[PDB]
Trainee: 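Quick one: structure below, then a few questions.
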Amino acid sequence: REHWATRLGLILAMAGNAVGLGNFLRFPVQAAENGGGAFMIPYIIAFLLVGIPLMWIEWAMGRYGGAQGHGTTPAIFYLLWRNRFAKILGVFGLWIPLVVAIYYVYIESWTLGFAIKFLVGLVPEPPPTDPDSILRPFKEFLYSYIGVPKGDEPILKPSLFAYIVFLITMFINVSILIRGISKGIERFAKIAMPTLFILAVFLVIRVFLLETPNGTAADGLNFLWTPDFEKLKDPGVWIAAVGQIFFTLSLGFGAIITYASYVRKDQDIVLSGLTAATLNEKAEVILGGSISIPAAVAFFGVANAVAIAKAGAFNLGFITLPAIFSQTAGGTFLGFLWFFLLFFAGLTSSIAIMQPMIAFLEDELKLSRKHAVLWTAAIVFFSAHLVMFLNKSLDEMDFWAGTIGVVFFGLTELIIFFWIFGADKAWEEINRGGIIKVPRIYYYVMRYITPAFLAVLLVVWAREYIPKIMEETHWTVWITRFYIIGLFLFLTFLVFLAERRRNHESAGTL
Ligand SMILES: CCCCCCCCO[C@@H]1O[C@H](CO)[C@@H](O)[C@H](O)[C@H]1O
Ligand SMILES: CCCCCCCCO[C@@H]1O[C@H](CO)[C@@H](O)[C@H](O)[C@H]1O
Ligand SMILES: CCCCCCCCO[C@@H]1O[C@H](CO)[C@@H](O)[C@H](O)[C@H]1O
Ligand SMILES: CCCCCCCCO[C@@H]1O[C@H](CO)[C@@H](O)[C@H](O)[C@H]1O
Ligand SMILES: CCCCCCCCO[C@@H]1O[C@H](CO)[C@@H](O)[C@H](O)[C@H]1O
Ligand SMILES: CNCCCN1c2ccccc2CCc2ccccc21
Ligand SMILES: CNCCCN1c2ccccc2CCc2ccccc21
Ligand SMILES: CC(C)C[C@H](N)C(=O)O
Ligand code: NA
Ligand code: NA
């Protein structure tokens, strides 16, 4: 099996897996949408009771599977629980990352497209101080790029440039993946993460200098870091907080597990896993939290900034920040740096959610890396047309796979590893080779707290939220549901074929 070459390479690759669009785009919206500081308490608690423990569990499962030549859940779940149903539940470890990649790579391509256009100055000329007259040009810019519906039909019409950029983006992802783990993903991470960190720090500094008659960046930080102990009682904020923790740490996507399957069997995963997790959190709360929110608040005040985030999820990152920057000297270039940052953050994460499918095809169906990467790219490219042309398809996929799916899968993997496989066998597997041991209290958290926490969350989700999504959405949501259910069927068929190949190969081993 391929293995990460260096400890630094491993850490930066895992850090790049985690640090992405979730840190700079998703986090600000979730926080601004849920009261800022009021969102942070449940967030921090979720990180301690869910994020950290699950991270160690996934690293352990991955390393454990990798030692036997398996990097994905269909096989790993079976290793931990030799029951056919383990293989079926394992399919989610291929389905979730594939479905997320199908829309994630497209959003990533928008950042490359914007970066290009901002670099060459093909951007809107706002007018020369009425907020709408300032934001409208940028809103139109985004809307024309992705092709937002102007009429009643739920159809999107992406610009030709956007389509071509998606193609280029897919090519770039392929160029990294086709070189493999050490010479591809690891090598790239050593270049991308330093760049990402530097660009992000620079942007924070520039945003911190923003002052207007409406406020300063400081007012933004105060909004995000001031506790509101009176929301701690709202399930919605908790659901939002936990969902963000999963998404931002790449947990429940089968991605951490696959990356860890390339860690040598003897290697530490305790300190490594904790470091990757802490690195992501710093990038999220310190860097991602200090850019778009402070900027929006400084220029429009808290009440307006919040209204902006609630009106549209991509407003802050793709419309508001660039609009604000355009009001300052060299703003178009700052816009370029912002989208360039988002692109690298996205690229390092998208290669992480495509690798599971690649690992499955290599490990279980024995395809060459070249063929595994190309077929995976073809499936994602083809499937992405649904997200590019059908309005709200992206939201549907992000919900089923990227939101509820990951929480369900996180609970599932914990049960299979800590309950079925054996809590003591699991605890032993996690700590084996650790540079540091996992704090003892966490054994009780993993075995009782985490699963109980998630179980309650999921029940509240299915009872007071999932019905509205099943009853109040446009009929076209069924087009997406149908297609992704088909993808699950297809992946299950591939796992069935891997079974038969194994049987064929065994009866050849006799
Ligand atoms: C291989 C699967 C192909 C599915 C049909 C894809 C059709 C894409 O079609 C292309 O879309 C672009 C963006 O909207 C347009 O700018 C191009 O003019 C148009 O030809
Ligand atoms: C990264 C380089 C992307 C180049 C494609 C840019 C597409 C932007 O725009 C397109 O350009 C075409 C040729 O210039 C024209 O024929 C199309 O009508 C026009 O919409
Ligand atoms: C579920 C995904 C379906 C993808 C089918 C896409 C078919 C593309 O259709 C094409 O789109 C272009 C740009 O929007 C138009 O200019 C062309 O006239 C139209 O035929
Ligand atoms: C979910 C997939 C949505 C795809 C949107 C496709 C819009 C394509 O465009 C439509 O194609 C039709 C047949 O080719 C033509 O009859 C229509 O006049 C044309 O507007
Ligand atoms: C809810 C999860 C909280 C995790 C915080 C853990 C802080 C670590 O706590 C420390 O762990 C060591 C090893 O078990 C003990 O020897 C120390 O006495 C204890 O203070
Ligand atoms: C229009 N709905 C967007 C849903 C996808 N999305 C989310 C989800 C919640 C809050 C904000 C955002 C915007 C940023 C983002 C980035 C990467 C993947 C999904 C998303
Ligand atoms: C100067 N060498 C770094 C550039 C090459 N690099 C990048 C960086 C950004 C976008 C694409 C690529 C191409 C593929 C690749 C693969 C492995 C390491 C670096 C890179
Ligand atoms: C799906 C994951 C790879 C997403 C990544 N953790 C992010 O925060 O953008
Ligand atoms: Na993240
Ligand atoms: Na990333």
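Shown for chain A, in order and in the PDB entry numbering: 5-132, 135-516. Because only heavy atoms are used, hydrogens play no part in the values below, and waters and symmetry mates are left out as well, while side chains stay in. Whatever order the structure lists them in is the order used to number ligands and atoms, beginning at 1. According to its header, this structure was worked out by X-ray crystallography, 1.9 Å.
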Trainee: What's the name of that drug at ligand 6, by the way?
Mentor: desipramine
Trainee: Which polymer chain sits in most contact with desipramine (ligand 6), and what is its name in the PDB entry?
Mentor: Transporter
Trainee: Around desipramine (ligand 6), which residues have heavy atoms within 4.0 Å?
Mentor: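 At that heavy-atom cut-off, the residues are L25, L29, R30, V33, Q34, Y107, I111, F253, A319, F320, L400, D401, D404.
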Trainee: Report yes if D401 has an N/O atom closer than 3.5 Å to an N/O atom of desipramine (ligand 6); otherwise report no.
Mentor: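 Looking only at distances, the answer is yes, because the N/O contact criterion of under 3.5 Å is met.
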Trainee: Nearest protein heavy-atom contact for atom 6 (N) of desipramine (ligand 6): which residue, which atom, what distance?
Mentor: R30 NH1, 3.5 Å
Trainee: Return the closest protein heavy atom for atom 16 (C) of desipramine (ligand 6) as residue, atom name and distance.
Mentor: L25 CB, 3.9 Å
Trainee: Near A319, which atoms of desipramine (ligand 6) are under 4.0 Å from a heavy atom of that residue?
Mentor: 1 (C), 2 (N), 3 (C), 11 (C), 12 (C), 13 (C)
Trainee: Return the organism named as the source of chain A in the deposit.
Mentor: Aquifex aeolicus
Trainee: For desipramine (ligand 6), which atoms have a heavy atom of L29 less than 4.0 angstrom away?
Mentor: 14 (C)
Trainee: Number the atoms of desipramine (ligand 6) from 1 as they appear, then name those within less than 4.0 Å of a heavy atom of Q34, with their elements.
Mentor: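 Checking each atom against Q34, I get 9 (C), 10 (C).
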Trainee: Which residue and atom would you name as the covalent site for desipramine (ligand 6), or is there none?
Mentor: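 The model places no covalent bond.
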Trainee: As an exercise, identify every atom of desipramine (ligand 6) less than 4.0 angstrom from a heavy atom of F253.
Mentor: 18 (C)
